[PDB]
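This file shows Enoyl-[acyl-carrier-protein] reductase [NADH] FabI complexed with triclosan.
Below, chain A is the first sequence line, B the second, and so on; all start at residue 1. As the structure lists them, so they are numbered: ligands from 1, and atoms in each ligand from 1.
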Amino acid sequence: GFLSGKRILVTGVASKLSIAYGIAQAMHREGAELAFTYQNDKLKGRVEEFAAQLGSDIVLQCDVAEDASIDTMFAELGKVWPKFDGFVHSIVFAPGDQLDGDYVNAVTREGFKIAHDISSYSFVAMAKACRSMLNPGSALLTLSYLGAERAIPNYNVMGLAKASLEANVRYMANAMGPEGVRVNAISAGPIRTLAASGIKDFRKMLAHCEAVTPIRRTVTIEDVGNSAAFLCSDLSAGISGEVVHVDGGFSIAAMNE
Amino acid sequence: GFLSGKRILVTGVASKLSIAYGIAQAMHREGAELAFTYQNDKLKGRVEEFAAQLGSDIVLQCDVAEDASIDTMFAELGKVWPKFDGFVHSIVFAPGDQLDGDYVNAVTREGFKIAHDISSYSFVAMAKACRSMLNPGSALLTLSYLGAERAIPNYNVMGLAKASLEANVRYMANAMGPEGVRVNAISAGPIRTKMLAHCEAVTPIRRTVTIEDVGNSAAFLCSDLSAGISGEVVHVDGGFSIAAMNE
Ligand SMILES: NC(=O)c1ccc[n+]([C@@H]2O[C@H](COP(=O)([O-])OP(=O)(O)OC[C@H]3O[C@@H](n4cnc5c(N)ncnc54)[C@H](O)[C@@H]3O)[C@@H](O)[C@H]2O)c1
Ligand SMILES: NC(=O)c1ccc[n+]([C@@H]2O[C@H](COP(=O)([O-])OP(=O)(O)OC[C@H]3O[C@@H](n4cnc5c(N)ncnc54)[C@H](O)[C@@H]3O)[C@@H](O)[C@H]2O)c1
Ligand SMILES: Oc1cc(Cl)ccc1Oc1ccc(Cl)cc1Cl
Ligand SMILES: Oc1cc(Cl)ccc1Oc1ccc(Cl)cc1Cl
C-alpha cells in the first residue's frame, strides 16, 4: 500500500465502530505497521484484540491527562520503535453536563478546562513527548468537527476546544515543518460510532444531514479512514496545517432544505 | 452620540495605552454611560483616575480567574445598574515563557490551561454572571488577533486561546440572540507601542491601526447601529490579513 515502510501510532480505538478503528483498518490495508494505545486498564484486553487483527502486538496504556503517562507510553514504545512516522490523535472528552442545552448556561470553568485539556492540549502534549522519535517525513493527524467553525446546538464548549485544536494543528505544522514533520486534521461529518450513538436523537440527525449533504449520505469510518491514510502517507507531502473537510460537502452548502 | 442612553461596562484598562482605554474614550464621546473594572490593587488607582475623567464613579474590582470575584463585581454593579447594555471584554494573559520561541517547545499543560482560562473562558464567564441583567438590544465585545487564524511566531499558545475565544463569540451569539443579545469580536492589528514597522509597510492602508481606530469600531459594535451584526469577528487591522506577499 502507500503506507509501506511507515510506522504509525493510533489512539482512541475503543470500539470497532470508532473512527480510530476505521483509520487503523485503512492504514493497515495500505501496509503500515501499527501500534495502539488505550485510556485505562479497563480497555486493555479489548484493545489488544483489535490490534491483533491489524498485525500488531504493540498495545500501550496512556491517559493524556497526565504528562507522566504520556512520557511512559512513549518510553515503552521506544523499546520497539526507537523511531516512527507519526501518530493519529483520536481523543476527545468533556463532562456530559457540558454537551446539552443552552451553551452559556451549561458551560463551567471546569467543564471548559477539561474539554480543552483533553480535546486540544493532548494533541501537542503527545507531539512534545515523541518529537525526537519522529523520522523526517512523519505526519501527525487529529480529528475535528464543524462545531469548531460554527455554533452548533449542544456541541457547546466542545466547539471552543475543537477551535483550539484546529489552531493547534496550524501552530504545530508551523513549528515542526522545518524538521520534516507535517500536521493536519480531518473535520469529519457526523458518524454513528459507539460513543456518538449514545447521544439522543443522533439517529434523526444523521437523517437530516443525508438530505442536505451534497453526496446525499453521511460519511463512513471507511471514508474518514481512507482520507486519514492519505494524509499520513507521503502522497500528501504537499499538505500541512490543513483542516480537510470529509463531510460529503455539507459545510460548503447552505439551505438545501 | 450614537451610544446615548446606553450603559456599558469596560474591562481591561491598565494604562492610557490599553485598547480598552481607546474604546472607553470613544464610547464616552458617543454618549455612553460607563462603568469600569480593575484587576487588582496595582491598577485600581489608574482606573479610578480615568473613570473619573469620563464622568464615572463606578470602579469595581474583578479578577476573572475567580468565579467569586466575578459574581461579587456584578452584585455591586447591580446596586447602581440593575440592568445594563453590555460589556467590553479586553482581558488576556499567558505566562511569559509561553510567548517565546518554538511553539511545541514553549507550550506546557499549565501555560495552555492559563491562557485559555483567562483569555477565552473568562468572556463567557462574565456573560453567565450578568445574563439576567442584560437589556434587550445589549451587545458584548471581545478582542482577538490574527494569531487565532494563522500560525504566528512567538504568539504560540495565545493563538489557540484566541481561536477558542472566537468560537466562544459564535456560541455566545447563538445562545444569547433569542434574549436580544449580540456578541462580536474585533480582530485588531498590532498597535504601535516583537518590533514591526513591517506590517505598517505591507498593510493596505499603509499604517498600523490605533486604539482610536479600534475604539470607534468598538463603539459601533456595541451600539444599535450594528443591530444586524452578531457572532462576527471584524478585522480592524487595515486589511493586513486579506493581503498576501506584499513583500
Ligand atoms: N463521531 C462523530 O460523528 C465525529 C464527528 C467529527 C469528529 N469526531 C472526532 O473523532 C474523534 C473520535 O471520536 P469517536 O466518534 O470515534 O468516539 P470514540 O469514543 O470511539 O473515541 C474517542 C476516544 O477518546 C479517548 N479518550 C478520551 N479521554 C481520554 C484520555 N484522558 N486519555 C486517552 N484517551 C482518551 C477515548 O478513550 C476514546 O477512545 C474525536 O476527536 C471526535 O470528536 C467524531
Ligand atoms: N495590543 C495589541 O496590538 C493587540 C492586538 C490584537 C488584540 N489585542 C487584544 O486586546 C486586548 C487588550 O490588550 P491590550 O493591548 O489593551 O493590553 P493591556 O495590558 O493594556 O490590557 C490587558 C488587560 O488584561 C487584564 N487582565 C489580565 N488578567 C486578568 C485577570 N485575571 N482578571 C481581570 N483582568 C485581567 C489586565 O489587567 C489588563 O488590563 C486583548 O484581548 C489583547 O490580546 C491587542
Ligand atoms: O466531536 C464529535 C462530533 C460529533 Cl458530530 C459526534 C461525536 C463527536 O465526538 C465526541 C464529542 C464529545 C464527547 Cl464527550 C465524546 C465524543 Cl466521542
Ligand atoms: O493579543 C495580542 C496581539 C498582539 Cl499583536 C499584541 C499584544 C497582544 O496582547 C497580549 C498577548 C499576550 C499577553 Cl500575555 C498579553 C497581551 Cl496584552
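All instances of triclosan are found at ligands 3 and 4. The other chains with any non-hydrogen atom less than 4.0 Å from triclosan (ligand 4) are B. Counting only heavy atoms, the protein never gets under 4.0 Å from atom 8 (C) of triclosan (ligand 4).
Atom 2 (C) of triclosan (ligand 4) has its closest protein heavy atom at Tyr155(B) OH, 3.5 Å.
Near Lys194(B), the atoms of triclosan (ligand 4) lying under 4.0 angstrom from a non-hydrogen atom of the residue are 6 (C). Among protein heavy atoms, the minimum distance from atom 15 (C) of triclosan (ligand 4) is reached at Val92(B) CG1, 3.8 Å.
Residue, atom and distance of the protein heavy atom nearest to atom 12 (C) of triclosan (ligand 4) are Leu99(B) CD1, 3.7 Å.
Heavy-atom distances show that, of the substrate-binding residues UniProt gives for chain B, the following lie under 4.0 Å from triclosan (ligand 4): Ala94(B). For triclosan (ligand 4), the closest UniProt active-site residue in chain B and the least heavy-atom distance to 1 Å are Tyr155(B), 3 Å.
Close contacts between triclosan (ligand 4) and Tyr145(B) involve ligand atoms 3 (C), 5 (Cl) [criterion: under 4.0 Å to a heavy atom]. Taking every non-hydrogen atom of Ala94(B) and a distance limit under 4.0 Å, the qualifying atoms of triclosan (ligand 4) come out as 14 (Cl). Polar contact with triclosan (ligand 4): absent for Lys162(B) (N/O pair, distance under 3.5 Å). For triclosan (ligand 4), the residues with heavy atoms nearer than 4.0 Å are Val92(B), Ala94(B), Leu99(B), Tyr145(B), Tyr155(B), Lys162(B), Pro190(B), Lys194(B).
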Anything under 3.5 Å between an N or O on triclosan (ligand 4) and a protein N or O? List each pair with its distance, or write none.
{"from": "triclosan (ligand 4)", "atom 1": "1 (O)", "to": "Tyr155(B)", "atom 2": "OH", "distance (Å)": "2.7"}

